[PDB]
There are 2 protein chains.
Amino acid sequence: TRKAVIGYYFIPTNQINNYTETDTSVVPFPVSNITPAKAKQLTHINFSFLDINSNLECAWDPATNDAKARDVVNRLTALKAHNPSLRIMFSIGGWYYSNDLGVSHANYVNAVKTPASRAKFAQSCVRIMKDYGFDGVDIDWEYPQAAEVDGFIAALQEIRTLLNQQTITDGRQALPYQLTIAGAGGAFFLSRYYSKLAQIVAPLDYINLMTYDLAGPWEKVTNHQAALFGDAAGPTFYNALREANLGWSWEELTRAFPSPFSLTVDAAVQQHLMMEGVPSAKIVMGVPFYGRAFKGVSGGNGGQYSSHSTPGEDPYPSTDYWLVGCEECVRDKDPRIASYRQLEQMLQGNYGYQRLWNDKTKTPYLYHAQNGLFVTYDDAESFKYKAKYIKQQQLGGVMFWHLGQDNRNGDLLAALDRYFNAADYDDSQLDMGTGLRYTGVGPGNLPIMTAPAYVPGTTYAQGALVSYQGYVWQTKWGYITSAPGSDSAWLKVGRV
Amino acid sequence: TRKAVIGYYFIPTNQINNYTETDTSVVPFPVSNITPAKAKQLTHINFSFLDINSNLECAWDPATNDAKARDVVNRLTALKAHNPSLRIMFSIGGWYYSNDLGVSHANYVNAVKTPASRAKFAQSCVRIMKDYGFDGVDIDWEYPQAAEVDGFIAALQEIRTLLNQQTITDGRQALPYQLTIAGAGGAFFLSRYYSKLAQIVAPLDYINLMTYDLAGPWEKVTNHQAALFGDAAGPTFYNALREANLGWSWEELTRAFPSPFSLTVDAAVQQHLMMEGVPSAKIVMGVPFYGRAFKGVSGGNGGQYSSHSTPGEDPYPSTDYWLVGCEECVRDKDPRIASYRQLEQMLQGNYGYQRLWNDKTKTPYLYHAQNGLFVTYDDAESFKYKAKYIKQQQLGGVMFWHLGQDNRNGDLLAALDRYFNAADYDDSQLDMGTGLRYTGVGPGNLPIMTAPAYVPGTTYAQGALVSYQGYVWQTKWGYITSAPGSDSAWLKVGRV
Ligand SMILES: COc1ccc2cc3[n+](cc2c1OC)CCc1cc2c(cc1-3)OCO2
Ligand SMILES: COc1ccc2cc3[n+](cc2c1OC)CCc1cc2c(cc1-3)OCO2
């Protein structure tokens, strides 16, 4: 089965309203830059972003010129001429619209609140899909809180029901309409809904993990934003999942959620696989096509794990564009983010950057020793290890933000496609290194074990193992006369 | 309010059937030893034990001569002529009948299963009470398991309903019929039903905690069986309450249930009071009128906290009675337990026993250096500290197992009554020592706290405190945009 390759196409309202394929000052990345070769390397394009309005319906931003929007979307769906498996999804939400303090947050909360509201919202999603010609629905609410999760789930179930009906009505068995979400890739936000992951992922084709932005100027210590594995020399974090609303025991929580821990891509993936009912095949690893830049860093680690002086707030609360060589940063008025395209040009421009490699995290970084700058980013090399991980862990594929940030040759997308599909690419000896793996164990990833069947009537000592109702259990203390499941003395430690 | 003084009167069936007040070889402790003075020192006698039979009704051991039982019970209820507050309860259960592997356990489990069975059982209880002249019902099931708790609770509620009706029907408003249970005094057994303590204690006048047998030959290290407070030099135990099905977060469990911990009387009491809806006035502290003995102990600490050679199985798997001086050990054919009466006699008989005192646990012990014997017990000195604790913690009173183990003058019973009621006893300056206190915090003992009201739309840093919906909450990490209770990010730390 082919791995998914899901690329975001983000276009702001003002670029739609002034869309041209002839002026990168106005539209830096028009649809024309998605060549047939690139269209064939994608399985999905997530057009972004739509929103939920005051009427609790899916909708375009009210300032959108609808004729221009339709034309942009038609250009994207025309790419299917080059790739009969390609789907143009649309994404609802994103940080700006749907974060707790964002402009439309209340509409997300209220849309999912009732049977009537969920039905109206779900219908509106399918209507948008059909009217503009999209191939599925992606929801990027960042992020539902605990009390909202059940309504969120029910809304997803309702969309699934309509989409399946629409597939049959439209003859689309060969390319069914799909439903995805963008999920948190770090434990703090994930702990909002982690306990209900199984019910969240049941109606979905994929959950696309945002396994990036794991570092940024809002943290006091510079770090890799998408480390695959952990580096003991780097910062560690409170494991927020041990506070999730799971109902588990102290021993269960402790063995599943070591704390502090390394905030890495492997952590997020393994934390999802620890839950029963979450299939590896639905998990999609997100990767960034951009880096995050920091100023005021010190030496001794190439800029890693240093204090810094980078403002954390949004929008960038300054006019000082200190990322030397970053013309896109001046255009966009933020030196703290740079596309891979721009970073490549900064590297070939002799601006004083060194490209370094951390072989524990398996990620590159830039250090500017003259000016004290650090940039965490991904490239075709880090993507080798991530793609091997996706294959070994039997994940559904890869997602990235976003297409406009690749270089003009499409090298990052071409790399991902190569690592999954090229017949002359062989990563059998790629060394995944000795960086820290996430070691938590939970009900969904218990080791297979054997043990004598439990016998009613028997008194068991501390540490005894038995099999019962399909699991292997271990006593936590002595003189146990109760059966596994029926008494808190037993810990589930294996699968039969 | 007068403190309860609840003494168990245990008599085996063979002693009931051959009852006599003229031959200690046959009945060691006849009721006639309960003089009018001793009668005024008690508030309750728990006659022990009745059972639940295969008809799922309260009943006497079927081997009981009924007339002889009636006569013993009359000897007890005649004592009420000397104390108009005295109640002669009867206790159903005990370890032998009701432990998981005991002879009647299935009858306890099945009696409480359905509305019909609970009604039949409860009416059984009230009928026995009235037929024999008892003043209330005590249930000593050691111990209901989690799936049985709800049924057990309903049975208690049913008994409560009937007893109240009987109160009004017999005009007993001045001395209403009562309902009590014996509860676990150590965390391992307590963990079976701890999460439902509120429901359990609601229908009761008292829950009588079995805060003894906290050490024994089944343990690998010698220790005090009823330490009031902890000794850091002593052994510590896994806190099983952290595995009870409470539904609390990792931080909540950890702050409520330190582990390892000192298995003490104070621990059991404070563990009960950490649960909301468990009033201190219903909690009764149990104390033992017997000691437990260990052989093969090393020197250097008076035999405390040493290895040993004592068998742990029941019945005693030997005829070697190695406890120099203990008559009763041969009579009853177990050298591991000895009444306070017998231990006093061993102390005055110049057998080589030294009485030592632990001023952290506030308890006595006996050491026998030449044959290496260790005895843990209580006496009138340890009872001073336990009685002051009962007063300071506003507990309901004291319970003890059992009357027939006090010395012939009843010094232990007299001591308890004195410490609670004697005008010429003054414990105002009694020093409770520096032993370890149990410091866990839970929903039932959250402190009053004060903090600024939560402000929606505000972002909070790690450690911030707000007031919201009746509690004070603290954030566990930073950049918190969610409301308290609404999120894994916030920890209940106090009450408004
Ligand atoms: C640590 O928590 C934070 C704090 C701040 C965060 C800010 C942003 N994101 C996650 C954040 C986050 O998630 C982990 C997602 C990507 C993004 C794009 C943006 C933007 C802000 C953000 O401004 C406009 O474009
Ligand atoms: C270590 O686990 C055990 C193992 C064995 C145990 C045996 C007994 N108890 C706890 C035990 C225990 O609890 C900790 C409670 C008191 C008791 C009275 C008895 C009796 C046995 C027991 O026989 C009749 O009279």
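The sequence lines are taken in order and lettered A, B, and onward as chains. Shown for chain A, in order and in the PDB entry numbering: 3-498. Residue numbering for chain B follows the PDB entry; the residues present correspond to positions 3-498, in that order. Atoms within a ligand are numbered from 1 in the order they appear, just like the ligands themselves. The deposited model was determined using X-ray crystallography, 1.9 Å.
Comparing phenolphthalein, berberine, zanamivir, the one located at ligand 2 is berberine. For berberine (ligand 2), the chief contact partner in this model is given in the PDB entry as Chitinase.
Every other chain with a heavy atom under 4.0 Å from berberine (ligand 2) is named here: A, B. Nearest protein neighbour of atom 16 (C) of berberine (ligand 2), counting heavy atoms only, is B/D215 OD2, 3.6 Å. If you check which protein heavy atom lies closest to atom 3 (C) of berberine (ligand 2), you get A/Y481 CD2, 4.0 Å. Protein heavy atom closest to atom 19 (C) of berberine (ligand 2), with residue, atom name and distance, is B/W97 CD1, 4.0 Å.
Among A/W479, B/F191, B/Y99, the residue whose heavy atom sits closest to atom 13 (O) of berberine (ligand 2) is B/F191. Protein heavy atom closest to atom 23 (O) of berberine (ligand 2), with residue, atom name and distance, is B/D316 OD2, 3.7 Å. Residue, atom and distance of the protein heavy atom nearest to atom 14 (C) of berberine (ligand 2) are B/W220 NE1, 3.8 Å.
In this structure, the binding site of berberine (ligand 2) at 4.0 Å (heavy atoms) is formed by A/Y481, B/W97, B/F191, B/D215, B/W220, B/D316.
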